[PDB]
Undergrad: 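My structure is below; once you've seen it, I'll send some questions.
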Amino acid sequence: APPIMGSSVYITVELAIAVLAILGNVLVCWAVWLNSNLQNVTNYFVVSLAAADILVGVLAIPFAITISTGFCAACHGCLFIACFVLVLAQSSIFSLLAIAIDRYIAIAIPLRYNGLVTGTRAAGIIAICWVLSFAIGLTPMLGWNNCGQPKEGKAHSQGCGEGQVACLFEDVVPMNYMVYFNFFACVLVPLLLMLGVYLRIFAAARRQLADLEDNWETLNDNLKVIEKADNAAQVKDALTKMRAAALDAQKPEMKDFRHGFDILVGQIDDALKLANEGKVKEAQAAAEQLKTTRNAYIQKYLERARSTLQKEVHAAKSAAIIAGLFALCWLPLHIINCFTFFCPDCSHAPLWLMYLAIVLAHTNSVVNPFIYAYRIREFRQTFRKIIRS
Ligand SMILES: CC(C)CCC[C@@H](C)[C@H]1CC[C@H]2[C@@H]3CC=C4C[C@@H](O)CC[C@]4(C)[C@H]3CC[C@]12C
Ligand SMILES: CC(C)CCC[C@@H](C)[C@H]1CC[C@H]2[C@@H]3CC=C4C[C@@H](O)CC[C@]4(C)[C@H]3CC[C@]12C
Ligand SMILES: CC(C)CCC[C@@H](C)[C@H]1CC[C@H]2[C@@H]3CC=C4C[C@@H](O)CC[C@]4(C)[C@H]3CC[C@]12C
Ligand SMILES: CC(C)CCC[C@@H](C)[C@H]1CC[C@H]2[C@@H]3CC=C4C[C@@H](O)CC[C@]4(C)[C@H]3CC[C@]12C
Ligand SMILES: CCCCCCCC/C=C\CCCCCCCC(=O)OC[C@H](O)CO
Ligand SMILES: CCCCCCCC/C=C/CCCCCCCC(=O)O
Ligand SMILES: CCCCCCCC/C=C/CCCCCCCC(=O)O
Ligand SMILES: Cn1c(=O)c2c(ncn2C)n(C)c1=O
Ligand code: NA
């Protein structure tokens, strides 16, 4: 069958992907620019990620359409056309890893997050990562290429000029670069690092949430021991334990919460002094006042701390879905390259499967705006306003 028929389907799908990638991620950038509630360090890497996806539609997809034709070109010009998408993929990887690290810092050390993770430092990290992406992705242009050994018979059959080659990806980009350097070192290792970071984030969240519940139970259990205690020493043992737990849990709403813990510790000290004097009944009656503080203050702190953690678990899952989708989207093309490289006795993957793998990789530049709309309310609402207005 004529090559332009099969090409037409591939080309049309590529253009449709390019349009969607541009529109969706331009909307992401426009939402962050307009909504100050979306202007945080986490969303600065989201914008950098969206910028890479906009460049996929504007440049990488037209480059992929061009290189599918095998047109005659100077080999190093062809290399740029072949490698630029690797720059964008590398940048995306850096942004995805930065988002994962950012969410770990926020959940593991929230008391020092604002002082450690700032917008100015984030912009500096984004700039460095872009420079690194260019270096990694354009490494073939540094000499790790096949331009020294051009397919002369293919170039002559296509009427290429002297010094030109038929511009095809696998003719100019070495497969040992694609598999060992790009896939294994620069894609697989960072993705396994993100998985590691995500596991730590979820484990930290779970651990925190049994700590909140453990403290709620413990306060309640120690109130029961005091009620059915029969001597002053037992009341003292329970109160002593309580006081330590109250200070451990203390480490508009913040003013009433600090006042709630000032009442709690003070009421524990009142009953402790009565227990040390041997006045058991008085100590017990004083410890009963703690239930008033628990209902009006402590329980509200427990449902708000728990609520905050849930929101973090939710936000970490949304970010992990984005990283997972990147892996799902790019792995097929990388796995095919592994078969091409590691099995010279296997027939090369057919052209239609190469096209399918390539389009799948490009579809990843479309999916992120939909994940933000379906999982993050502040993005969703902002998208509605932009579209309406
Ligand atoms: C700012 C943005 C829009 C600029 C985009 C510039 C792009 C399209 C330019 C920059 C470098 C250019 C390449 C430089 C070298 C060659 C070799 C030549 O034998 C065929 C064209 C080809 C492959 C060019 C294609 C167009 C090209 C890729
Ligand atoms: C931000 C501005 C400066 C754009 C920078 C891009 C320019 C400087 C780069 C990008 C790609 C480069 C080209 C890539 C490959 C080739 C083919 C080679 O046979 C001659 C040089 C030539 C044609 C390069 C010239 C310089 C070039 C056009
Ligand atoms: C990451 C998830 C989606 C798994 C993706 C699995 C895909 C990429 C795997 C599964 C089966 C694989 C194919 C199995 C057998 C062959 C025949 C060989 O002569 C060329 C490669 C080729 C055609 C493989 C290409 C890659 C392949 C299609
Ligand atoms: C954590 C996971 C996603 C790591 C990625 C797994 C990759 C690296 C694995 C999965 C399946 C593997 C392929 C399975 C079968 C063959 C055929 C053999 O003749 C050469 C190696 C080759 C081509 C393997 C190369 C590596 C491979 C592509
Ligand atoms: C911001 C908007 C961005 C603008 C994006 C524009 C969209 C055009 C898409 C692809 C270009 C590919 C052009 C095709 C190049 C091949 C020409 C050629 O020579 O191929 C014939 C070959 O010789 C036979 O073997
Ligand atoms: C594939 C090539 C990889 C490149 C390896 C060497 C590059 C090392 C770069 C490190 C970035 C460190 C950040 C330092 C910022 C200082 C900027 C300044 O001078 O003010
Ligand atoms: C959701 C499941 C995927 C749906 C569509 C995927 C279709 C492509 C799947 C390909 C698996 C194997 C492809 C076989 C290629 C022929 C092997 C050869 O001749 O070398
Ligand atoms: C990343 N990538 C491509 O972008 C590509 C390709 N073949 C054609 N293109 C465009 N291969 C094998 C590839 O690994
Ligand atoms: Na991306």
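In this chain, residues are counted from 1 in sequence order. Worth knowing before you read on, the calculation uses all heavy atoms, side chains too, and leaves out hydrogens, waters and symmetry mates. Order of appearance sets the numbers: ligands from 1, and atoms from 1 within every ligand.
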Undergrad: Out of interest, what does the PDB call the drug at ligand 8?
TA: caffeine
Undergrad: Per UniProt, what is the name of the chain that shares the largest number of close contacts with caffeine (ligand 8)?
TA: Adenosine receptor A2a
Undergrad: If we set the cut-off at 4.0 Å for heavy atoms, which region of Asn337 has an atom near caffeine (ligand 8): side chain, backbone, both, or neither?
TA: side chain
Undergrad: Tell me, which protein residue and heavy-atom name are nearest atom 5 (C) of caffeine (ligand 8), and how many Å apart are they?
TA: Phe169 CD1, 3.5 Å
Undergrad: Can you tell me which residue and heavy atom of the protein come closest to atom 9 (N) of caffeine (ligand 8), and the distance to 0.1 Å?
TA: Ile358 CD1, 3.5 Å
Undergrad: Pull out every atom of caffeine (ligand 8) sitting under 4.0 Å from any heavy atom of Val85, numbered as shown with elements.
TA: 4 (O)
Undergrad: Counting UniProt's transmembrane segments of chain A from the N terminus, which ones have a heavy atom closer than 4.0 Å to caffeine (ligand 8)?
TA: 2, 3, 5, 6, 7
Undergrad: Looking at atom 1 (C) of caffeine (ligand 8), what's its closest protein heavy atom, distance included?
TA: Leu333 CD2, 3.7 Å
Undergrad: Heavy-atom distance to atom 10 (C) of caffeine (ligand 8): which of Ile67, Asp171, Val179 wins?
TA: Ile67
Undergrad: Go through caffeine (ligand 8) atom by atom and flag the ones less than 4.0 Å from a non-hydrogen atom of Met178.
TA: 14 (O)
Undergrad: Which residues form the binding site of caffeine (ligand 8) when counting heavy atoms under 4.0 Å?
TA: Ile67, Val85, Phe169, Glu170, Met178, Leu333, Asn337, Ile358
Undergrad: Please give the N or O to N or O pairs under 3.5 Å between caffeine (ligand 8) and the protein, distances rounded to 0.1 Å.
TA:
{"from": "caffeine (ligand 8)", "atom 1": "14 (O)", "to": "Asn337", "atom 2": "ND2", "distance (Å)": "2.9"}

